[PDB]
A.B. asks: 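Below: experimental structure, imatinib bound to Proto-oncogene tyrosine-protein kinase ABL1.
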Amino acid sequence: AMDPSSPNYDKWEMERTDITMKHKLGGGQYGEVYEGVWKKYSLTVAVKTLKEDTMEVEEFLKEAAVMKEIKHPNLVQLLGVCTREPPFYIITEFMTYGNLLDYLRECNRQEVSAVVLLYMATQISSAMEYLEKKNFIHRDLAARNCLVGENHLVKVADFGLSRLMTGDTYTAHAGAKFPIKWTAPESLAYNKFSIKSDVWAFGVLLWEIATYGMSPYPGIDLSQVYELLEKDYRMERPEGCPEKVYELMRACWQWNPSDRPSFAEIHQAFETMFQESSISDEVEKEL
Ligand SMILES: Cc1ccc(NC(=O)c2ccc(CN3CCN(C)CC3)cc2)cc1Nc1nccc(-c2cccnc2)n1
Ligand SMILES: [Cl-]
């Protein structure tokens, strides 16, 4: 596939010996993803590989194919693949600060101020606006699936955490493992996923951002979440959150999917949200 004249030529295919494989990334909270070094550039990269004899070879190849079709500053950047023969690799850039959820929980709040949180939320909506217009659905948007780079740059990723994750984030539901607290009602009850269920998840992600990474619906048992949501319960405006930001969360959590804003509308909302007063002024007024 590396031969220019070949009808099977793929500019993404690269020589895997160009990469030095290091240890598994983030301990193992990403599964078979390893830190690697692209020798020629002395560049640290992230390398996703396939688990020992699994039946997700087609899903792996499908993911590689989809990544070749997307290019956006806020989506993890594909650097190359090694899929001509085993072992299959998907290589992407390495993001210095790791996942957004841990970053929010461990950051210097003086640096990562309300302005920066808004910037992070806006960048995420930009990536989703892109996927939206290209007719893609994310299906598992949450802070744990976003990465943070230099200067608070945020990129939306998809680590296929469903089964890798430990703890209560993902629980048994509809024959699969669902991160219930980020799942839209129609997804929970009718297994219907769409860009609108991503919007509902984005609203939960916005709440994660606004609380520096608190876990949603704290103290509520998952077995009562649907009934509560059906009777219009929603997490209250969190401490210090600007009213306008909370209104956007509420819009994302409309019961009817069709009533939720598009990501294009969400991104625009962010860009013009604080034209009469700054978010800093609102976070003071609120407190
Ligand atoms: C090495 C790799 C291989 C594949 C991917 N893939 C994606 O991140 C991704 C994002 C969006 C889509 C779009 N897709 C559309 C269809 N729907 C259903 C799912 C989403 C697909 C793949 C990322 C990576 N990068 C990655 N993976 C795990 C951890 C890290 C990582 C960790 C710490 C610091 N820097 C990087 N980096
Ligand atoms: Cl899709």
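Index from 1, following the sequence. Reckoned from all heavy atoms, side chains included, excluding hydrogens, waters and symmetry mates. We count ligands from 1, going down the list as the structure has it; atoms in each ligand are counted the same way.
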A.B. asks: Where exactly can imatinib be seen in this structure?
C.D. replies: ligand 1
A.B. asks: Which residues, given by chain and number, make up the 4.0 Å heavy-atom shell around imatinib?
C.D. replies: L25, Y30, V33, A46, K48, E63, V66, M67, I70, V76, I90, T92, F94, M95, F136, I137, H138, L147, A157, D158, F159
A.B. asks: Show which atoms of imatinib fall inside a sub-4.0 Å distance from at least one heavy-atom site of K48.
C.D. replies: 1 (C), 2 (C), 3 (C)
A.B. asks: So is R139 polar-close to imatinib, meaning N/O to N/O under 3.5 Å?
C.D. replies: no
A.B. asks: Give the source organism of chain A as stated in the entry.
C.D. replies: Mus musculus
A.B. asks: Considering non-hydrogen atoms of the protein only, which is the closest contact for atom 11 (C) of imatinib, and what is the distance?
C.D. replies: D158 CB, 4.1 Å
A.B. asks: Check imatinib against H138 and write out every atom of the ligand that is under 4.0 Å from a heavy-atom position of the residue.
C.D. replies: 17 (N), 18 (C), 19 (C), 20 (C)
A.B. asks: Suppose I only count heavy atoms of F94 and a 4.0 Å limit; which atoms of imatinib are within that range?
C.D. replies: 34 (C), 35 (N)
A.B. asks: Considering only heavy atoms of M95, which atoms of imatinib have at least one such atom less than 4.0 Å away?
C.D. replies: 34 (C), 35 (N), 36 (C)
A.B. asks: Report the UniProt domain in chain A where most residues contacting imatinib lie.
C.D. replies: Protein kinase
A.B. asks: Nearest protein heavy-atom contact for atom 26 (C) of imatinib: which residue, which atom, what distance?
C.D. replies: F159 CE2, 3.8 Å
A.B. asks: Which protein heavy atom lies closest to atom 12 (C) of imatinib, and at what distance to 0.1 Å?
C.D. replies: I70 CD1, 4.1 Å
A.B. asks: Using a strict 4.0 Å cut-off to heavy atoms of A157, name the atoms of imatinib that fall inside it.
C.D. replies: 8 (O), 10 (C)
A.B. asks: As deposited, to what residue and atom does the covalent bond from imatinib connect?
C.D. replies: none
A.B. asks: Do any other ligands or ions come under 4.0 Å from imatinib, and which ones?
C.D. replies: ligand 2 (chloride ion)
A.B. asks: With a cut-off of 4.0 Å, which atoms of imatinib are near a heavy atom of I137?
C.D. replies: 15 (C), 16 (C), 17 (N), 18 (C), 19 (C)
A.B. asks: Has imatinib got any nitrogen or oxygen that is less than 3.5 angstrom from a nitrogen or oxygen of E63?
C.D. replies: yes
A.B. asks: How far is atom 2 (C) of imatinib from its nearest protein heavy atom, and which residue and atom name does that atom have?
C.D. replies: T92 CG2, 3.4 Å
A.B. asks: Give the atom numbers and elements of imatinib that come within less than 4.0 Å of a heavy atom of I90.
C.D. replies: 1 (C), 3 (C), 4 (C)
A.B. asks: Which UniProt active-site residue of chain A is in closest heavy-atom proximity to imatinib, and what distance, to 1 Å, separates them?
C.D. replies: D140, 6 Å
A.B. asks: Considering only the protein, which heavy-atom contact is closest to atom 14 (N) of imatinib, and what is its distance?
C.D. replies: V66 CG1, 4.1 Å
A.B. asks: Is there any N or O on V47 that sits under 3.5 Å from an N or O of imatinib?
C.D. replies: no
A.B. asks: Would you mind checking which non-hydrogen protein atom is closest to atom 37 (N) of imatinib, with the distance to 0.1 Å?
C.D. replies: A46 CB, 3.6 Å
A.B. asks: Which residues carry both labels: UniProt ATP-binding in chain A, and heavy atom within 4.0 Å of imatinib?
C.D. replies: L25, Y30, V33, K48, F94, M95
A.B. asks: What are the distances between nitrogen or oxygen atoms of imatinib and protein nitrogen or oxygen atoms, counting only those under 3.5 Å?
C.D. replies:
{"unit_1": "imatinib", "atom_1": "6 (N)", "unit_2": "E63", "atom_2": "OE2", "d": "2.8"}
{"unit_1": "imatinib", "atom_1": "8 (O)", "unit_2": "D158", "atom_2": "N", "d": "2.9"}
{"unit_1": "imatinib", "atom_1": "17 (N)", "unit_2": "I137", "atom_2": "O", "d": "2.7"}
{"unit_1": "imatinib", "atom_1": "17 (N)", "unit_2": "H138", "atom_2": "O", "d": "3.4"}
{"unit_1": "imatinib", "atom_1": "25 (N)", "unit_2": "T92", "atom_2": "OG1", "d": "2.9"}
{"unit_1": "imatinib", "atom_1": "35 (N)", "unit_2": "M95", "atom_2": "N", "d": "2.8"}
{"unit_1": "imatinib", "atom_1": "35 (N)", "unit_2": "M95", "atom_2": "O", "d": "3.4"}

